[PDB]
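Structure follows of ponezumab associated with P3(40).
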Amino acid sequence: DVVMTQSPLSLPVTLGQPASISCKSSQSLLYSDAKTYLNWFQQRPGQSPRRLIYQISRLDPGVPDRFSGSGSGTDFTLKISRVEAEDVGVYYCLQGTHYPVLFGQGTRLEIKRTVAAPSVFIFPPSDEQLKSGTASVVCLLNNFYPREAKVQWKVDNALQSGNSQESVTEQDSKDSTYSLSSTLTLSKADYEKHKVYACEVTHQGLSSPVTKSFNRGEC
Amino acid sequence: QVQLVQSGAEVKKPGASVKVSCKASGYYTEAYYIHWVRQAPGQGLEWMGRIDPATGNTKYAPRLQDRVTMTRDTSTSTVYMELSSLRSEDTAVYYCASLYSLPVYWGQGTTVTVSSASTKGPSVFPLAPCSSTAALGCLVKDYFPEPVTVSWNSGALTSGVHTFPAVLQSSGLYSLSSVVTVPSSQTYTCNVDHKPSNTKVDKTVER
Amino acid sequence: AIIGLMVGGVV
């Protein structure tokens, strides 16, 4: 099957810089006319996808001049001459020449800023939640960059795994930061057997892990 | 010029089948091939197949051929897509679109959730520190299905607000947190709305 | 009839 290889998968770009995305097919997308059905699509966060370009280089209506397309046969490039915050999202090629129609794997485009270490906050469970059988404890990592971060949960110094879950924001258009939230779930009986609850955070912008904790009972 | 209108949100159980419709209208609706595309959470766009409304002839993505069917009704200029043997990785947004035309005409998206859970409105709990820049928030726990919408102070508070994507718990129920940064420098109420269960909660959080 | 009906593909 024709195979589409988009490159790179993640594209952090300083505001105002140009950027390019590469798409390579396993065979030519030239069809029996002189026409080549390579298209480029964009999806911004929270929106429907839209086509940017059709037939390699032709702009769809509504698409600003900043986007341009090039290449031929098996090799294609999408250029953005000057990156704005409204260009944050995922970009896909789509081959329409050979069965089956096929999207590339996507290139995530984000804005690059200087490395910023998260601020960490820890929240014990509400006494209201406790009145119902479960304890959720929450760690917040606020306003950090780049997106990668690691949260390690400890309960009286036992490292927890398999019982947390986490979630990350879309990039803030203002400061280009991310925030993250992690929740540790315990039964109430387990929650009540232990004293010290900690979340230990590791990130590029921190010389050393930052740890926040509380003592159940002093709360 | 064509306009595509899809059927609404669906909740189905594992193993079952789902049928999504796409009503076409405009001049010569029969001349536009309708495609289906989907986007699972985090995942890339995946092309599922096309139907030619003229003849009813279909082409499918090979990974899905055994499980999906595309059908047409010419009197009602509607096309249908049925995905059988649903598993949880089929939970996603499904679009119909005339991908071949200039411009592409899109449906508005239909959300499909694969799950055994039944509808449940959320419990909302406060996120407050134990004891310059403080933080507080809301834990909107154990609801199903998505979405829930959250705001603070009926919308007057927007600066420093972060509402996170929902996570899906082992129980099949979703959970999310919404946090705000305030100065120590009065009152903060998070407004939570969950239309599938017609639930609305206004939770005031202290400190 | 319809202009630009098949500019995105033939498959």
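The chains referred to below are lettered A, B, ... by the order of the sequence lines, with proteins before strands, and numbering in each begins at 1. Side-chain atoms are counted along with the backbone in the values below, which use heavy atoms only and exclude waters and symmetry mates. Heads up, header says this was done by X-ray crystallography, 2.5 Å.
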Ponezumab - positions in model: chains A and B
Epitope mapping - ponezumab on chain C, heavy atoms < 4.5 Å: C/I2, C/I3, C/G4, C/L5, C/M6, C/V7, C/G8, C/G9, C/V10, C/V11
Paratope of ponezumab towards chain C, heavy atoms under 4.5 Å: A/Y31, A/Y37, A/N39, A/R51, A/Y54, A/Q55, A/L94, A/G96, A/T97, A/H98, A/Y99, A/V101, B/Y28, B/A31, B/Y32, B/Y33, B/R50, B/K59, B/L99, B/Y100, B/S101, B/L102
Source of chain C according to the entry: Homo sapiens
